[PDB]
Amino acid sequence: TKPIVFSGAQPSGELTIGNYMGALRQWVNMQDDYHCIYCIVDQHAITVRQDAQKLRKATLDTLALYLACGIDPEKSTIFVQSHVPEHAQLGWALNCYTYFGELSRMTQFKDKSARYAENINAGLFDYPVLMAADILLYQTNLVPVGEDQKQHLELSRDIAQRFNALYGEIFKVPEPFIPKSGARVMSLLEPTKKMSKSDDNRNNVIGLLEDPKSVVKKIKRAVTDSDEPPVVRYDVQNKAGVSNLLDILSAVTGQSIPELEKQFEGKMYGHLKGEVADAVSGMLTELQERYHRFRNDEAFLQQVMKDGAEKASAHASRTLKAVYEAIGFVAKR
Amino acid sequence: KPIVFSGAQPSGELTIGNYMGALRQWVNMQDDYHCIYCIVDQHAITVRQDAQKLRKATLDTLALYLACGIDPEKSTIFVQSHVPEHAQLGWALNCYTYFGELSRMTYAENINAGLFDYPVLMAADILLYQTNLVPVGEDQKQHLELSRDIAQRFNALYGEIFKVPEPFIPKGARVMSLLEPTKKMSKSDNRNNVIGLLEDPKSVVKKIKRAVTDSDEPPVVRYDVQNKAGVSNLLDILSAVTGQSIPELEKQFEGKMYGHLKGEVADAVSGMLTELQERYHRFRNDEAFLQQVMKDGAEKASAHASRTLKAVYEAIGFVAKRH
Ligand SMILES: Nc1ncnc2c1ncn2[C@@H]1O[C@H](COP(=O)(O)OC(=O)[C@@H](N)Cc2c[nH]c3ccccc23)[C@@H](O)[C@H]1O
Ligand SMILES: CC#CC(=O)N1CC[C@@H](n2c(=O)n(-c3ccc(Oc4ccccc4)cc3)c3c(N)ncnc32)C1
Ligand SMILES: O=c1[nH]c2cc(Cl)ccc2o1
């Protein structure tokens, strides 16, 4: 049997080129090499307060976006997290092998709490324990994520090791798969602030389902530097805007930074921004064409969800049964 | 008919204070209310324990509740972990519970997240069954109020999805500690202060013989909680078992010493525990019966739990499961 890949994306906000380059792109490429399981984590999404209609719609948007990106329901398991009770079940049990200190220190909790001060709920605190359960249920070997999720994974490895130490080899210990380019794509007007899918300012983001023409305009208006002469070079501390653009260019084309720097020799930010704009505009136009064919076919989405959940439940139930046996619960008949 | 929900923790040996003081009451109200008894193994794992002891103690708890007279045909009795809706609703309710409310209940970096988050599970356990009444002790009054606040908050956003649970106000027997007659007899205790429902006649005698009395000269068997705590407890225990009034017993032991009282108390108690113990060992040593009660209970629980969770999930706006 192949090693298992597991990842998730929240059905909240609007997925960006950041979400694509740091996660989805890898998801699509791993599908034959490994046994891949992709999850729409609607249970994680409600740690920030959602309009009920927005959540339902955004869950089906996320599904259609996965399919449009090239996730193949014939190769991978695609499912919605809340359709598999084993996630919440393992999550509770895994709370009892997770320390408060491990949860208090989490950066996402801190950053989330400050932004939604009027909704610092216990789910937001306990977010990482559900995310561990998500991963450990499927005997996962690899987890393809962006750099912002590194510490959440690390806790899951500690949990898995902690549990195994007491009870034997119930879990596999997962390992991160973070891309070489575009693991943390930066905001257009704030190149020191990560690109957010729920940013107040849309001018910071390249949205995957945004009008391409609006994206070319955002790229032209992206912040650069006062360098005289203007030079296209990777200098993150001194050239964050230009660099982030060069990295976007790299990961869309597959080209190297050294190659790009060479290609833009004797040229300025006009040549740069024109090239990033052509690359990304062509990608979004193709993706969006696929997206609409999928998103408007409810019967197809419904089938994918149904088959997905069945496959996941077969894996999930097997793992939970052994967890429950280990911890000493009377087994259900 | 009001829905009553009780959590019975698979651990802890039940005392005579539990049986004649609480359970015996509720056995006799199973036609008055739709009573639900949930063995809460998911709550138990907040404290690390031996897995095989937890499994055994779950079945020990079930057998004893059946032996105390909980009828699986009138009441719903089941194991918490057999109904996934508990953990499912638990997570969803985490997202409507302030972190502050969990920290407001009784260094801390070394406690497991279970010990911190379990009141949300308690809220879910109760709210799943549209519960009207929750019989709670004072240790768990703060927890019920959190359950009430959570239900109201959710309801105000989404409509009347939950019933707002109420405490069961009415309390009737006072069973106090044998060597500390001011403290109520509790399983959580010096086992010389308590009498377990599975204790033998010989152990009962030894514990009652040690029970504190007073230095009154001559010894006088009269009820007086302030001045004669030990003797008063012995009288209350005897009354609870036999149904004889205190005044009747005060006459029955006129001109008698505390040894006579102690001897009669031990006979009465051991007399009561015997038919309980008979049913217990008979139920406990019948796997298929226990397995059948558990199967039936969980099916009944899941039928009702599933309708609440489905309405909660629709309100929140999750895409419904296809299956
Ligand atoms: N600007 C950015 N540049 C590069 N990568 C980025 C950028 N912003 C986001 N990402 C990555 O995109 C994925 C989706 O993030 P979400 O917020 O939906 O989703 C999250 O943040 C997860 N908690 C969802 C989750 C829940 N359970 C799981 C189990 C395994 C893996 C993942 C999950 C992520 O991989 C994230 O790292
Ligand atoms: C603040 C304070 C206080 C206080 O004085 N104490 C003493 C007992 C301490 N404490 C619990 O009460 N529980 C617990 C166990 C089972 C349970 O089941 C139900 C479910 C629904 C309805 C009734 C009972 C509910 C709670 C604890 C736990 N799981 N894990 C640890 N401690 C638990 C709280
Ligand atoms: O990860 C988690 N935490 C949880 C807390 C409750 Cl009450 C239920 C399920 C959970 O899953």
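Chain A is the first sequence line, chain B the second, and so forth, proteins listed ahead of strands; every chain is numbered from 1. We count ligands from 1, going down the list as the structure has it; atoms in each ligand are counted the same way. Quick note: numbers below take in every heavy atom, side chains included, and nothing from hydrogens, waters or symmetry partners.
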Asker: What does the PDB entry call the chain with the greatest number of heavy-atom pairs under 4.5 Å to ligand 2?
Answerer: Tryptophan--tRNA ligase
Asker: Quick check: what drug is at ligand 2?
Answerer: tirabrutinib
Asker: Given the choices chlorzoxazone, tegafur, hydralazine, tiopronin, gabapentin, what is the drug or drug candidate at ligand 3?
Answerer: chlorzoxazone
Asker: Just wondering, which other chains does a 4.0 Å heavy-atom cut-off pick up around tirabrutinib (ligand 2)?
Answerer: B
Asker: Binding site of tirabrutinib (ligand 2): which residues fall under 4.0 Å, heavy atoms only?
Answerer: B:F5, B:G7, B:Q9, B:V40, B:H43, B:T46, B:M105, B:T106, B:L115, B:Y118, B:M122, B:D125, B:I126, B:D139, B:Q140, B:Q142, B:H143
Asker: Show which atoms of tirabrutinib (ligand 2) fall inside a sub-4.0 Å distance from at least one heavy-atom site of B:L115.
Answerer: 31 (C)
Asker: Report yes if some N/O of B:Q140 lies less than 3.5 Å from some N/O of tirabrutinib (ligand 2); otherwise report no.
Answerer: yes
Asker: So if I count the atoms of tirabrutinib (ligand 2) from 1 in the order they appear, which ones are less than 4.0 Å from some heavy atom of B:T46?
Answerer: 28 (C), 29 (N), 30 (N), 31 (C)
Asker: Does B:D125, backbone or side chain, put an N or O under 3.5 Å from an N or O of tirabrutinib (ligand 2)?
Answerer: no
Asker: Heavy-atom contacts with B:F5 under 4.0 Å: which atoms of tirabrutinib (ligand 2) show up? List them by number with element.
Answerer: 21 (C), 22 (C)
Asker: Looking at B:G7, which atoms of tirabrutinib (ligand 2) are within less than 4.0 Å of one of its heavy atoms?
Answerer: 19 (C), 23 (C), 24 (C)
Asker: Which of the atoms in tirabrutinib (ligand 2), numbered in the order shown and given with their element, are less than 4.0 Å from a heavy-atom of B:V40?
Answerer: 16 (C), 18 (O)
Asker: Which of the numbered atoms in tirabrutinib (ligand 2) are below 4.0 angstrom from a heavy atom of B:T106?
Answerer: 1 (C), 2 (C)
Asker: Look up the source organism of chain B in the entry.
Answerer: Escherichia coli
Asker: Going by distance only, is there an N or O of B:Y118 that falls short of 3.5 Å from an N or O of tirabrutinib (ligand 2)?
Answerer: yes
